[PDB]
Asks: 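Would you mind keeping the following structure in view while I ask a few things?
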Amino acid sequence: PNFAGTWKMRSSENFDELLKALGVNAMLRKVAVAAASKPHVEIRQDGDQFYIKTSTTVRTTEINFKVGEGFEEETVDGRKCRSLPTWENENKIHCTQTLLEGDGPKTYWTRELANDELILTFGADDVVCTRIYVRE
Ligand SMILES: CC1(C)CCC(C)(C)c2cc(NC(=O)c3ccc(C(=O)O)cc3)ccc21
């Protein structure tokens, strides 16, 4: 499956509840939720090699990884973590995160390519956030 290209968000669900579950300050969530509404996503892929740039006005993250090989990135709430990308299935990547410093909610994300739509999922313990993207 090809995740490469530029994507824009079609819908988000529970992004605020996610930030709640991760203990983010109501005023920060206000800013985050706002910025997260109009995110721009760039994905360059080469087999298991992935480049994903996510941009908003107040924060842009650039992650690079090889499915099957751990890498370092940040959690949704900015905490630096250790990540473990894996092919859950042919078109879905599952990624487990373990915080480098401190302790917190068990988090992970999963990116799935389904019907030319990119389904992004953020988990913070029991809370699940679903963000659907379409090819811009
Ligand atoms: C105000 C500030 C600095 C506070 C710290 C946290 C709470 C860490 C934070 C998080 C975001 N996150 C996003 O903007 C975002 C956009 C798109 C996606 C996605 O769909 O991939 C995910 C997250 C934006 C701003 C901030």
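Here chain A follows the PDB entry, giving residues 1-136 in order. We count ligands from 1, going down the list as the structure has it; atoms in each ligand are counted the same way. The figures that follow rest on heavy atoms only: side chains count, while hydrogens, waters and symmetry mates do not. Structure method, as recorded: X-ray crystallography, 2.8 Å.
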Asks: Which pharmaceutical agent is found at ligand 1, per the PDB annotation?
Replies: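 You're looking at tamibarotene.
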Asks: Please name the chain that forms the largest contact set with tamibarotene (ligand 1), as given in UniProt.
Replies: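 The main binding partner here is Cellular retinoic acid-binding protein 1.
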Asks: What is the source organism the PDB records for chain A?
Replies: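 Going by the PDB entry, Bos taurus.
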Asks: Could you tell me which residues in chain A that UniProt says bind all-trans-retinoate have heavy atoms under 4.0 Å from tamibarotene (ligand 1)?
Replies: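 Among the UniProt binders, by heavy-atom distance, it comes to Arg131, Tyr133.
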Asks: Using a non-hydrogen cut-off of 4.0 Å, what is the binding site of tamibarotene (ligand 1)?
Replies: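 At that heavy-atom cut-off, the residues are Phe15, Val24, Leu28, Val31, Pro39, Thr54, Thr56, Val58, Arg59, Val76, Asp77, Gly78, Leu120, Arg131, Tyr133.
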